[PDB]
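Next up: a structure with meclofenamic acid.
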Amino acid sequence: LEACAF
Amino acid sequence: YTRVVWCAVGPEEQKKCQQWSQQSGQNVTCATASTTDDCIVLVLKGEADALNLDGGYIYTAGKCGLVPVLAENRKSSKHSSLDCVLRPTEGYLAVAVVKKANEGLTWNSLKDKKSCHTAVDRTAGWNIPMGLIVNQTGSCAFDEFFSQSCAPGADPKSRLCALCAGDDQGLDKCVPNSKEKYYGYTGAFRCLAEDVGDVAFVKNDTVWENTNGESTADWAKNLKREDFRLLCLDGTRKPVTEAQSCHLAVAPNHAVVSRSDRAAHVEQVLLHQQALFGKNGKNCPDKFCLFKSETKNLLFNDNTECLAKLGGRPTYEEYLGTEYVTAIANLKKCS
Ligand SMILES: *[C@@H]1O[C@H](CO)[C@@H](O[C@@H]2O[C@H](CO)[C@@H](O)[C@H](O)[C@H]2NC(C)=O)[C@H](O)[C@H]1NC(C)=O
Ligand SMILES: *[C@@H]1O[C@H](CO)[C@@H](O[C@@H]2O[C@H](CO)[C@@H](O)[C@H](O)[C@H]2NC(C)=O)[C@H](O)[C@H]1NC(C)=O
Ligand SMILES: Cc1ccc(Cl)c(Nc2ccccc2C(=O)O)c1Cl
Ligand SMILES: *[C@@H]1O[C@H](CO)[C@@H](O)[C@H](O)[C@H]1NC(C)=O
Ligand SMILES: [Fe+3]
Ligand SMILES: [Zn+2]
């Protein structure tokens, strides 16, 4: 679910 | 300090943005990157302020904390009293399109065919048809479904880029920007019109706007609507007049995103800029039109009537809708 891709 | 830094994706958008910046007397200025994800990184770093995004890219940007500011609104049917800027957006219809002459291709016989996608991670081009295909096949190997594809952004040596053509010199194959001949809604529909692919995953408007003389571009100028059909999820084929009863999903409209701390200022500058250069803008077509690009959908879809205010100060999940966010999340479980 939880994380920015960068 | 009221200056807004737009992010242009690739060099055709950069040229357009440099024209807007000259006409705006540098109230807008331009940063450029090679892909939409790189522009999202520039906005995260504070080296650009904003860009317009497809709903799949709004999911990437919103997971990173960027927020929707204004949405594209095209011509509508109900609520004609309401000014474009105040009118609720309607979504657009994601479709699968094939040639009428490719008889007996249906949704149920797509396996091992050739496909044309707007880009990896985009709504109609990828999230909706690949999410549906992974679910129906019960398999995550969506890179093995079609025999060959053009899906800009995928690995250029893979089958998912085998049909991509690159630029006028044949460089940049499969890059997710307008230099790739088969990028975006118009490029994926050109991939089907030229019979490079068997199916294209685009939106209903792209079929209409690129047929029957609606485009004078060389590859489109002679295309006839009746030579295309839509693939419906119940296994039937319909004429392209029937998209309301033959689509894969209703997509949330493309929208401008920014950092949360610059949203209010981006919003105010864009509402002024479209008064100048929008559809009935004071300086459009005389000087510059923000919503035209010879069908290439540069910086905004060419069918955009205005950027509209959003009701309810929505988060990116509220703007995309819970159905769509859940569809994406499930698909991204595969990679
Ligand atoms: C599919 O897309 C086309 C193109 O946007 C829609 O046709 C336009 O619809 C408006 C009214 O909403 C007309 O004033 C335009 O003249 C039409 N454009 C063209 C080029 O014909 C069509 O309505 C859409 N179909 C559905 C079911 O949404
Ligand atoms: C792919 O399948 C999954 C699992 O059925 C779908 O995810 C569900 O969608 C509904 C409607 O939004 C929710 O009620 C469920 O709670 C979701 N389930 C799970 C496990 O997350 C998903 O929508 C399907 N993808 C597509 C494109 O239709
Ligand atoms: C019959 C059909 C089947 C599957 C989808 Cl995704 C859709 N798409 C929608 C239609 C109306 C309203 C919303 C949607 C949607 O995708 O959210 C419809 Cl319309
Ligand atoms: C530039 O922005 C300023 C401040 O809002 C405004 O006074 C001026 O009219 C703008 N001009 C253009 C051309 O965008
Ligand atoms: Fe889209
Ligand atoms: Zn809310």
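Chains are designated A, B, ... according to the position of each sequence line. The residue numbers of chain A are those assigned by the PDB entry, with the residues present covering 681-686 sequentially. Here the PDB entry sets the residue numbers for chain B, with the shown residues being 342-676 in order. Order of appearance sets the numbers: ligands from 1, and atoms from 1 within every ligand.
All instances of meclofenamic acid together account for ligand 3.
Here the macromolecule bound to meclofenamic acid (ligand 3) with the most contacts is known in UniProt as Lactotransferrin. Other chains reaching under 4.0 Å from meclofenamic acid (ligand 3) with at least one heavy atom: B.
As stated in the entry, the source of chain B is Bos taurus. Under 4.0 Å from meclofenamic acid (ligand 3), there are no other ligands or ions. Evaluated by nearest non-hydrogen atom to atom 4 (C) of meclofenamic acid (ligand 3), the leading choice among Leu589(B), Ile469(B), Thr663(B) is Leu589(B). Here no covalent bond ties meclofenamic acid (ligand 3) to a chain. Of the protein's non-hydrogen atoms, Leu574(B) CD1, 4.5 Å is the one closest to atom 3 (C) of meclofenamic acid (ligand 3). For atom 17 (O) of meclofenamic acid (ligand 3), the closest heavy atom belonging to the protein is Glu664(B) OE1, 3.1 Å.
Closer than 4.0 Å to atom 13 (C) of meclofenamic acid (ligand 3) lies at least one heavy atom of the protein. If you check which protein heavy atom lies closest to atom 11 (C) of meclofenamic acid (ligand 3), you get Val591(B) CG2, 3.7 Å.
Of all protein heavy atoms, the one lying nearest to atom 2 (C) of meclofenamic acid (ligand 3) is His588(B) NE2, 4.1 Å. Among UniProt domains of chain B, the one with most residues near meclofenamic acid (ligand 3) is Transferrin-like 2.
The shell of residues around meclofenamic acid (ligand 3) (heavy atoms under 4.0 Å) is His588(B), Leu589(B), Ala590(B), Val591(B), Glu664(B).
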